[PDB]
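Lab note: DNA polymerase III subunit beta, bromfenac bound.
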Amino acid sequence: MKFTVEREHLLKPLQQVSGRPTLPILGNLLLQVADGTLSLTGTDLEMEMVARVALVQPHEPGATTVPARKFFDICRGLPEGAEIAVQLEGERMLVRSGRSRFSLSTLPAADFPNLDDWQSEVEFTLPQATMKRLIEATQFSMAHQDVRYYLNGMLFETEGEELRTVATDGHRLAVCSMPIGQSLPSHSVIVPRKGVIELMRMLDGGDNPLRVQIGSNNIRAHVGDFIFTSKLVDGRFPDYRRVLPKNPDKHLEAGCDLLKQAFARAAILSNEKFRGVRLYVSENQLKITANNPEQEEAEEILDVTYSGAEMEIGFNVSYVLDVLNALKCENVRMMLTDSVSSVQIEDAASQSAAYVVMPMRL
Amino acid sequence: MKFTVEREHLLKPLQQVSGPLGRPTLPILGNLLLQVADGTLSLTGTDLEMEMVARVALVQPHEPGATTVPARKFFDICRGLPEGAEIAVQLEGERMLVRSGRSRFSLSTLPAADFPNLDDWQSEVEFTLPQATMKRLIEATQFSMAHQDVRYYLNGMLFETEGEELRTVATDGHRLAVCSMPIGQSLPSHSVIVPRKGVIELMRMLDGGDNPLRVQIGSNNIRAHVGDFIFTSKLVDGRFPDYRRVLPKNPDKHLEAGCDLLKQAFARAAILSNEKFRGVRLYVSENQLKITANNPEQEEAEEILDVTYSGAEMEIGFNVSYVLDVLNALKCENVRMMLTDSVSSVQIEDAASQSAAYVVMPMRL
Ligand SMILES: Nc1c(CC(=O)O)cccc1C(=O)c1ccc(Br)cc1
Ligand SMILES: [Ca+2]
Ligand SMILES: [Ca+2]
Ligand SMILES: [Ca+2]
Ligand SMILES: [Cl-]
Ligand SMILES: [Cl-]
């Protein structure tokens, strides 16, 4: 195996495939020269990323694996414009550029783990911007290290012509749906949280669409010359349709920024261990109050649009701030039922994302 | 006590005086002292080793008096209010009420009388210097300070007045940094240890403007005045190592090289150095440097560079992190390494200036 290529052509591929490993070979990249192509592959056993680089300078086929981070840091640390010559020499891989030389340890390409082969059952394309919107809208509501493993990822659901994401940790839920102009079978799978992250990282923001393939136990995404594949998570994800409040009859509209800053300020004098605030809803007015063990008190009064019965209801500050930060809105609609029931929250101008938040007792 | 102030008149002062303060040992140490007197709001934060005081002119109606309130909470409130907001503040016994628009905050107080103050002390030396000079002096050496060493004095930074120069020295027992800058006045000879957190505060108060820095030093305190801020620290009582005895005696061998090429070569070689011991080898020959690294995985890096060097060949090992720290602190065009042999320290300087010197001990590889 032998190739020479510009540093410039390696940097993006290396960054993508490089994303303490539980087994040494999982800290290595698989390098393969075949035809006029260098392929680079990274994997953590649950997912993998493959990148391709065209070779025009003399090259020789073959394959090996080398330490990912070291190889990346070497390439990145060489000067702009550098040409990098690489050749496998028994147990080492020699990397040369200018009067810099590096000898890296190898592990056999034969050892490099592959995902058990699988079959695509559902396929579609969509714009990168759309996938980005869908993930960003809901990612923050995924569980972290919940024993209910299926909550640690994100539901991807096809229905009609829409792709939908759902995420929840049992206390708050996020759902976002976007049309993609293709008639789709109804289908639902759970992508693990590291997969969601990896998938976001491969989006750059061109009009070049993403190609998605979904199997019974895998998801694959192709964009540019990168191919990402992840295992899916087993289990029965919650049905957002049953989480949405049935009759959230009390509708309140507020400015998003004003609401956010009122929450943030009042939270300063909330309990540090469990930060929440009390909302008193009255005709065209919202009062937000916080109290702490030191008997300190914050109060914020806001003008809002609300006509309906008065009620007091408490919320975790972070849950509401997370939602407002995901909506990036001009005005927000809060749809309330009573003091002990979850609230539904949306951009006042769009129904494509919705958030459900359990109340907090204070 | 009453005052009303525009958010931005109050905000940077609040930020600044909260500097010496996470989890305060006792509640008062988490508070700022507020004093309204003679048209001025004074704010003070302390950690018992040092104090930062800010004076804020009051152009709106006010009433004198003093209290203490939680620093972080008060700052976060003020920062969190809208740009240009008017902040009205009044002491009401056990609480201090802050009002702005339809935002209200009640903060718990502790008596001004309980706020600790540094003892009176007398200044024995005084001078003014440009902020940029103090910045230069500190940045040149701060990285060589020890970290939680039992020789407590190595955790601070030596400041020395001598001739027309102010000097800083820092060392952790393995490498040393020393930097001297002219300021234009003759000074009596003083040598004081500024505590770690003091160095950080001196740096924080440099606003990057043309307000000069005024320094006063006593036997057990240092004070710095910039604009409307006054910083005071106790000095560390200890026996700091003398740098003059650390500088290699007769470094006969002088190498010059481009700083950035040298840095980037070391940086790449470091990748394949021992993760704990970080050893690299330098081979010095006529107008050439070769840098090699290897690790327990039997991986190897080699870098060859053109340098200016005449005279006897030699080989010497160094901790590459210590070397990179020096090159990063020098930030210049060309560097001079002054060498003796494989068992002796190296002295490193900007080739174009003797104002900063660095001493790094060798490693047996
Ligand atoms: N059905 C759920 C499961 C699956 C299961 O327990 O078998 C797990 C966690 C939550 C739910 C909810 O119904 C739920 C309710 C309100 C909000 Br806000 C978010 C989720
Ligand atoms: Ca991977
Ligand atoms: Ca929806
Ligand atoms: Ca000097
Ligand atoms: Cl030393
Ligand atoms: Cl070599």
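Each chain gets a letter, A, B and so on, in the order the sequences are listed, and its residues count up from 1. If you're wondering, the header gives X-ray crystallography, 1.7 Å. Read the numbers this way: they start at 1 and go in the same order the structure lists the ligands and their atoms. Heavy-atom basis, side chains included; hydrogens, waters and symmetry copies ignored.
- The ligands or chains that make up bromfenac in this structure: ligand 1.
- Using a 4.0 Å cut-off on heavy atoms, the other chains next to bromfenac are A.
- In this structure, the binding site of bromfenac at 4.0 Å (heavy atoms) is formed by A:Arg148, A:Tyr150, A:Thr168, A:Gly170, A:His171, A:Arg172, A:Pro238, A:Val243, A:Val356.
- Those atoms of bromfenac that come under 4.0 Å of a heavy atom in A:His171, given as number and element, are 18 (Br).
- Here is the list of bromfenac atoms found below 4.0 Å of a heavy atom in A:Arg148: 8 (C), 9 (C).
- The entry attributes the origin of chain A to Escherichia coli.
- Heavy-atom contacts of A:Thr168 reach the following atoms of bromfenac: 19 (C), 20 (C) (cutoff under 4.0 Å).
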